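Inspection log for the structure reproduced underneath, given as structure tokens.
Every chain is numbered from 1 and lettered A, B, ... according to where its sequence line falls, protein lines coming before strand lines. Both counts, for ligands and for their atoms, begin at 1 and track the order of listing. Scope of the values below: all heavy atoms of this structure, side chains included, with no hydrogens, waters or symmetry mates.
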Amino acid sequence: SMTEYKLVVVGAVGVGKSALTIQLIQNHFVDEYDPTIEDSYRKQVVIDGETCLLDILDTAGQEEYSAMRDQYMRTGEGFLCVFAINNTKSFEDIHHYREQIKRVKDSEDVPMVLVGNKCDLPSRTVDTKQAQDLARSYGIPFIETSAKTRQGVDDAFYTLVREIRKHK
Amino acid sequence: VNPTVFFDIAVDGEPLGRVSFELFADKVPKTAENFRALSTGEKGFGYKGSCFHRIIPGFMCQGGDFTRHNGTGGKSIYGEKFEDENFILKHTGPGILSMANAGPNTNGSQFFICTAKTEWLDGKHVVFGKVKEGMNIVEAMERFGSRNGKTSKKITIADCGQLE
Ligand SMILES: CCn1c(-c2cc(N3CCN(C)CC3)cnc2[C@H](C)OC)c2c3cc(ccc31)-c1csc(n1)C[C@H](NC(=O)[C@H]1C[C@@H]1C)C(=O)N1CCC[C@H](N1)C(=O)OCC(C)(C)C2
Ligand SMILES: Nc1nc2c(ncn2[C@@H]2O[C@H](COP(=O)(O)OP(=O)(O)NP(=O)(O)O)[C@@H](O)[C@H]2O)c(=O)[nH]1
Ligand SMILES: [Mg+2]
């Protein structure tokens, strides 16, 4: 069968983790806010000529339950680390997610992609260069996205699969 | 005298039974009044017809989105949202009735009924009532829930109002 990739979407509340995933899976944009408990999705795609099965875990951004992320970080193969380009605190929260992932997996080498979402909005507070420099210091790709316009949605998830492939 | 309201619960349209609640108007009058008025429907809108969209066994039954019926909506009698009145009362165990929210001062109409003690919600959700009669109905609602809250049948408030 085709190879399966366990992707995990993480980041602060409201950055657009679910909107991005639902855009990937269902090709439409959720305008209302449905806060996530935990959701899982499956989708087959072709990436670099090779067909594969995405297993996506869409996680809650609730800070209250930060202790309970360790188990899905153990299971996950790659992590989409999402912030919103109009929310500087969500950008600052990224360091804590990457540190938590590295600690849980006890490795400096975990497949990750930095995603700056909501690039359709005019209220930008995190500059592209700011995020690009952070991603470079981590050694991971950076992708700007909009769940509303679909800009970069496929690119973010596919780039993460390529990161897992380079690791495996 | 604290008011009492009732929900008549149905499961895929078939009757299940009645749950009644005491509303702590003596401690959280504004929050209790919102729930009371939405249970009578006296403002032209309210809980009748709405569903319990999120049921997680071991924790709680959540409902009250009568505006969008998908767990994202709801509104108070004071406007779309209103402030946290106080956090005097705690999530002490099964039967506690408390306001859902999306952060500070975002109470609308969504609410949850505890089926266990949920003390980490203390000081974040406004407790304003408790089940008086029919806790076994809430217990019976749990098996239609799931780990992430998705329900396997449609659990609805077939009728609701204030008891004398
Ligand atoms: C980590 C996984 N997780 C978990 C969780 C937590 C634990 N423990 C924590 C405590 N320790 C001591 C023991 C272990 C164990 N197992 C799980 C679940 C079963 O693992 C899948 C929860 C949760 C809540 C949210 C997101 C992820 C979450 C969440 C997402 S939005 C939210 N909360 C608050 C929610 N706002 C809304 O709906 C807004 C839309 C309306 C207006 C809200 O007002 N209410 C009412 C109060 C209850 C809350 N909903 C809710 O549903 O709580 C679920 C619960 C299971 C109680 C907690
Ligand atoms: N304009 C715009 N709005 C977006 C975008 N992505 C998400 N949103 C909006 O932002 C809000 C929160 O989105 P959501 O996907 O629920 O965020 P989340 O990260 O999954 N939140 P949670 O951690 O609670 O599960 C919603 O109103 C959604 O429509 C985007 O790219 N552009
Ligand atoms: Mg979400």
**Report entry** Largest contact partner of ligand 1 (naming from UniProt)
**Finding:** Peptidyl-prolyl cis-trans isomerase A, N-terminally processed
Report task. Write down the drug found at ligand 1. Result -> daraxonrasib
**Report entry** Other chains, non-hydrogen atoms under 4.0 Å from daraxonrasib
**Finding:** A, B
Query raised in the report: Taking heavy atoms under 4.0 Å, what residues and nucleotides bind daraxonrasib?
Result: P35(A), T36(A), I37(A), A60(A), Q62(A), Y65(A), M68(A), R54(B), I56(B), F59(B), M60(B), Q62(B), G71(B), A100(B), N101(B), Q110(B), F112(B), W120(B), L121(B), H125(B), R147(B)
Query raised in the report: Less than 3.5 Å between some nitrogen or oxygen of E38(A) and one of daraxonrasib, yes or no?
Result: no
Query raised in the report: Using UniProt domain boundaries, which domain of chain B contains most residues that touch daraxonrasib?
Result: PPIase cyclophilin-type
Query raised in the report: atom 46 (C) of daraxonrasib: which protein heavy atom is closest, and how many Å away?
Result: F112(B) CD2, 3.3 Å
Query raised in the report: Which residue owns the protein heavy atom closest to atom 20 (O) of daraxonrasib, what's the atom, and how far is it?
Result: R147(B) NH2, 4.3 Å
Query raised in the report: How does the entry refer to chain A?
Result: GTPase KRas
Requested in this report: Return yes or no for this condition: an N or O of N101(B) is under 3.5 Å from an N or O of daraxonrasib.
Outcome: yes
Query raised in the report: Does the N or O separation between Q110(B) and daraxonrasib drop below 3.5 Å for any pair?
Result: no
